[PDB]
Asker: 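One structure is given below, represented as structure tokens, and several questions about it will come after.
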Amino acid sequence: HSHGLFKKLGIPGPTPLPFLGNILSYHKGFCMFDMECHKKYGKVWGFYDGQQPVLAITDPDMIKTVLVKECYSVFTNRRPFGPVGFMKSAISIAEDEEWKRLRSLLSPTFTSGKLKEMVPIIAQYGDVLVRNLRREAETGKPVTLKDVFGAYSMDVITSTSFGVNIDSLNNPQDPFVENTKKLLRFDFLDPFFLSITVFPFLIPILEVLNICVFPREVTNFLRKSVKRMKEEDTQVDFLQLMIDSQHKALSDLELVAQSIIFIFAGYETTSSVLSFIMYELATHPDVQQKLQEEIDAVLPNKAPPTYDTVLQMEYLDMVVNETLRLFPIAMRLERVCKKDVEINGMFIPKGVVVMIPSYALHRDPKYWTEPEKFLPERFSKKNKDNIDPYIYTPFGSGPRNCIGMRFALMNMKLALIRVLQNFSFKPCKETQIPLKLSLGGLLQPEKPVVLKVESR
Ligand code: HEM
Ligand SMILES: CC(C)C[C@H]1C(=O)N2CCC[C@H]2[C@]2(O)O[C@](NC(=O)[C@@H]3C=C4c5cccc6[nH]c(Br)c(c56)C[C@H]4N(C)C3)(C(C)C)C(=O)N12
């Protein structure tokens with residue numbers, strides 16, 4: 001859509017350039033762009049990703065209408081996305097009735113009931129993380145978190161996806177490990193994705209040549225793996241649960257598409273959040289101590305964490321939430337406007353991408369006292385009442401929110417519990433303070449986080 005849409009509707013925004021739109025304003029990443037646009041333009045603004053119009057919204061009533069009230073009718077889909085091949089069937093990429101059907105099929109799979117049955121499996125790799133952690137501390141030397149937390153994230157991934165039990169950090173040559181590893185989140189400011197934003201007319205050329213953004217080698221490998229783990233003796237993983245739910249039914253290709261997208265959805269995200277959490281805990285030693293005291297109180301002398309004990313830990317839950325306030329690694333939620341609507345007094349035309357800038361709202365002075373400050377007390381039970389759930393959106397909201405939210409929390413918390421029970425984390429002189437964010441399209445630190453690990 002032409003660069004004249006937002007002026008035509010009287011909506012403010014950075015003036016776009018011919019062809020590029022506003023992409024040159026991303027030279028400091030999505031988060032800084034979004035903060036700046038918010039401070040200079042107000043409650044609503046418009047900008048262009050190449051030819052594509054994007055309208056940013058910040059009013060919580062309007063946000064609710066997009067994410068919740070008009071999800072099925074008008075705002076069903078994420079922005080159209082590069083060449084995807086058979087991954088068009090992955091729930092996160094799927095559209096309209098195909099989406100509604102896969103969400104309906106995959107919902108039972110993410111119950112709390114199922115998640116409880118998955119707990120022992122997840123906990124088991126907590127112990128593997130601890131054992132590993134022990135050694136790279138007993139050594140001495142600063143620890144790289146993305147590495148220790150990367151391996152942990154994959155270990156839970158493999159075993160919870162289909163019972164491939166592997167010590168990922170001490171088997172960095174296992175082909176299953178070295179293939180899954182390649183399912184990292186897309187940096188949409190990298191040269192390929194920039195090019196595709198400015199030349200989106202080239203995507204169908206890429207689809208016909210089978211050039212896919214999920215590398216062919218990796219998805220080939222997994223499709224082949226899943227087929228063979230499927231075919232027999234029968235004596236609790238995502239595959240099994242999907243196998244069983246096979247308009248309804250779940251077809252074969254669709255099944256593998258989900259198995260891949262759970263990896264990609266879960267892998268770099270969990271690991272990234274875990275590293276942020278540790279960063280904050282190390283730079284706030286009092287918060288770290290307080291967390292360890294709550295853990296020792298609930299699980300006396302290092303008792304194994306359980307579904308129920310995890311859920312009782314209030315301060316743990318507060319620490320996790322406040323980290324996700326500061327580092328909401330999705331950055332933004334988006335929905336395509338399927339048809340002209342008028343929402344809370346404002347006309348949004350067909351085809352616009354409506355964007356909710358979580359990162360900016362999470363640090364908004366209007367909603368948050370000293371926004372740049374890590375303060376878990378924000379979430380204390382008698383203080384969290386004034387947290388608006390359309391301003392704080394780390395897992396998004398509505399029918400299309402994170403389907404893996406309770407799983408991701410449970411996973412992250414089971415890790416933190418086992419780590420904190422055994423260790424304390426302290427900054428090195430090599431630790432970057434204060435933390436600086438990457439200028440690329442992912443929310444992550446500029447340099448990796450390294451910290452000293454010490455047995456308690
Ligand atoms: C680790 C921390 C995680 C965070 C912060 C996170 C955040 C998000 C966000 C912001 C969305 C977009 C929702 C929206 O548009 O409103 C999303 C969607 C999604 N998440 Fe997560 N996520 C995490 C982990 C996971 C995990 C472990 C899984 C494993 C299955 C997962 C599966 C998905 C899927 C499939 C979607 C798309 C759902 C749909 O389109 O219907 N996520 N997540
Ligand atoms: C790409 C899909 C398949 C992954 C899906 C998902 O499964 N997720 C799991 C956890 C996080 C979430 C996801 O990566 O995070 C999501 N974010 C995105 O993928 C957003 C989509 C973008 C995009 C797609 C296509 C062309 C583009 N040009 C430009 Br400029 C951008 C862009 C910005 C980019 N933003 C900032 C992120 C949601 C928070 C909206 C998302 O859609 N994800």
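Along the sequence shown, the residues carry numbers beginning at 1. Start at 1 and go down the list; that is how both ligands and their atoms are numbered. Heavy-atom basis, side chains included; hydrogens, waters and symmetry copies ignored.
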Asker: Help me out: which of quizartinib, bromocriptine, asundexian, volasertib goes with ligand 2?
Answerer: bromocriptine
Asker: What macromolecule, as named in UniProt, provides the greatest number of contacts to bromocriptine (ligand 2) in this entry?
Answerer: Cytochrome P450 3A4
Asker: Give, by chain and number, every residue with a heavy atom within 4.0 Å of bromocriptine (ligand 2).
Answerer: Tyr26, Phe30, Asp49, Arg78, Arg79, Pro80, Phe81, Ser92, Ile93, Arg185, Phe188, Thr197, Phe264, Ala265, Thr269, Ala330, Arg332
Asker: Which residue supplies the protein heavy atom nearest to atom 36 (C) of bromocriptine (ligand 2), what is that atom called, and how far is it?
Answerer: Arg332 CD, 3.6 Å
Asker: Within 4.0 Å of atom 12 (C) of bromocriptine (ligand 2) (strictly less), any protein heavy atom?
Answerer: no
Asker: Help me out - which other ligands and ions lie under 4.0 Å from bromocriptine (ligand 2)?
Answerer: ligand 1 (protoporphyrin IX containing FE)
Asker: Looking at atom 15 (O) of bromocriptine (ligand 2), what's its closest protein heavy atom, distance included?
Answerer: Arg185 NH1, 4.1 Å
Asker: Distance to 0.1 Å, residue and atom name: give those for the protein heavy atom nearest to atom 28 (N) of bromocriptine (ligand 2).
Answerer: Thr197 OG1, 3.1 Å
Asker: Are any non-hydrogen protein atoms located under 4.0 Å from atom 42 (O) of bromocriptine (ligand 2)?
Answerer: yes
Asker: Give me the nearest non-hydrogen protein atom to atom 33 (C) of bromocriptine (ligand 2) as residue plus atom name, then the distance to 0.1 Å.
Answerer: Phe30 CZ, 3.6 Å
Asker: What protein heavy atom is closest to atom 10 (C) of bromocriptine (ligand 2), reported as residue, atom name and distance in Å?
Answerer: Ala265 O, 3.6 Å
Asker: State whether the shortest distance between N or O atoms of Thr269 and N or O atoms of bromocriptine (ligand 2) falls below 3.5 angstrom.
Answerer: no
Asker: Look at atom 18 (C) of bromocriptine (ligand 2) and say which protein heavy atom is nearest, naming residue and atom and giving the distance to 0.1 Å.
Answerer: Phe188 CE1, 4.3 Å
Asker: Give the residue and atom name of whichever protein heavy atom lies nearest to atom 4 (C) of bromocriptine (ligand 2), and the separation in Å to one decimal.
Answerer: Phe264 CE2, 3.3 Å
Asker: If we count only non-hydrogen protein atoms and require a distance under 4.0 Å, does atom 20 (C) of bromocriptine (ligand 2) qualify as touching the protein?
Answerer: no
Asker: Which protein non-hydrogen atom lies closest to atom 26 (C) of bromocriptine (ligand 2), naming both residue and atom, and how far is it?
Answerer: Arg79 CD, 3.7 Å
